[PDB]
Amino acid sequence: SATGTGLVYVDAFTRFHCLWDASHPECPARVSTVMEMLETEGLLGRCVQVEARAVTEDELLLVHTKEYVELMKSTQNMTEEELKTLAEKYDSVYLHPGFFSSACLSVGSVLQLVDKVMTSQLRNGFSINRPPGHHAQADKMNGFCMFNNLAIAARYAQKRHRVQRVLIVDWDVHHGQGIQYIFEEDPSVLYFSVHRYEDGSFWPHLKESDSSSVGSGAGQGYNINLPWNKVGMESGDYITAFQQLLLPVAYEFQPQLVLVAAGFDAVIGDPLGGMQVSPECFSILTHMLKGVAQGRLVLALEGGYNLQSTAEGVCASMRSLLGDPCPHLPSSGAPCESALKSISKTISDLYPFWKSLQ
Ligand SMILES: CC(C)[C@H](C(=O)Nc1ccc(C(=O)NO)cc1)c1ccccc1
Ligand SMILES: [K+]
Ligand SMILES: [K+]
Ligand SMILES: [Zn+2]
């Protein structure tokens, strides 16, 4: 219904895994545990089940090159040896005979929710999809990603639904450099990423993940990086960043759709992220994004590798999508010194482009 929260999940999302590393963190259990907890918590039944669809070539070509799409399509017929040889041409990816099919459904799941939200058939929605997308680039896989789910969804919203301005909020612990690159010169898609950085020590080790990368050309000012340079950030660090930096800019930008790269590798317990964000924080962060774009908010799963922590973070976000009052958080909400240093530096780099920051 018009006030409902959509949810997309298909079994195909479990039908690929790393053939040569049984301990690989990006695994089918990521999504099945999310679905099991959504059901256990009674949240799944409160959502509107939305069918997935496979992305089309023309939709992929909004972001990706024809040669790359064709190469990825050809992986469905490769032997394990051929898949490994190709995967090793990229940074931090594996391949599997079912990867391409699942990746196409992963993109399409987001597009389905964009359709329902933009036409007011639903208020908001969440795709419980893998593979993730935010590292994928125009002509290459990267960081467990084949196709850039949210970058495609943003250009799709603009082409099909005629949206003028899209905000992408990326709270995964990693920098979505793929999204940054795709929209580098584009003022119609504002990209905000908060991520572990540690002066480049943390993957993907890019100079352009620092706050000095503000976009270029017509896009100058429309790329905002908030790099953390110490581990152990908590809910108060994220909430403060949203209150001091993201919300003022978002209201000035006046987006017509908000897409969230909803990774949960910053949650306490993640084996890679190094952060200490409570899952309940994501109820608050989700709530803080519902006040722009008429609440037209679509979350899509990115990273998050502790099965329980990621499922808890998804559930906390879903409670806010469904309109349940936010929980009290035990901490005061005050940030640590390192977080404040990062927030202040990002504001210093972005102030020449946002009246709300001056
Ligand atoms: C070697 C290490 C640097 C690498 C790695 O951590 N990659 C990586 C990339 C993206 C995300 C993510 O969640 N992005 O949003 C998470 C992890 C890796 C590769 C294979 C098996 C384990 C670890
Ligand atoms: K991020
Ligand atoms: K941009
Ligand atoms: Zn991540």
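Chain A uses the PDB entry numbers throughout; the residues present, in order, are 59-416. All ligand and atom numbering here is 1-based and tracks the order in the structure. Recorded method for this deposit: X-ray crystallography, 1.4 Å. Atom set for the values below is all heavy atoms of this structure, side chains included, hydrogens, waters and symmetry mates excluded.
Checking ligand 1 against O-diazoacetyl-L-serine, AR-42, CH5183284, the answer is AR-42. The chain with the most heavy-atom contacts to AR-42 in this structure is named in the PDB entry as Histone deacetylase 6. Remark: minimum distance from atom 14 (N) of AR-42 to any protein heavy atom is reached at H193 NE2, 2.7 Å.
Residue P83 approaches AR-42 through these ligand atoms, each under 4.0 Å from one of its heavy atoms: 21 (C), 22 (C). The closest approach between any non-hydrogen atom of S150 and AR-42 is below 4.0 Å. Under the 4.0 angstrom criterion for non-hydrogen atoms, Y152 is not in contact with AR-42. An N or O contact shorter than 3.5 Å links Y363 to AR-42 by distance. Taking atom 15 (O) of AR-42 as the reference point, the nearest protein heavy-atom neighbour is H192 NE2, 2.4 Å. Those atoms of AR-42 with a heavy atom of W261 less than 4.0 angstrom away are 3 (C), 9 (C), 10 (C).
In terms of polar-atom proximity, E360 is not counted as a contact of AR-42, lacking any N or O under 3.5 Å from an N or O of the ligand.
For AR-42, the atoms lying closer than 4.0 Å to a non-hydrogen atom of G361 are 13 (O). As for other ligands and ions, those under 4.0 Å from AR-42 are ligand 4 (zinc ion).
Defined by non-hydrogen atoms within 4.0 Å, the binding site of AR-42 is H82, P83, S150, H192, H193, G201, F202, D230, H232, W261, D323, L330, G361, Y363.
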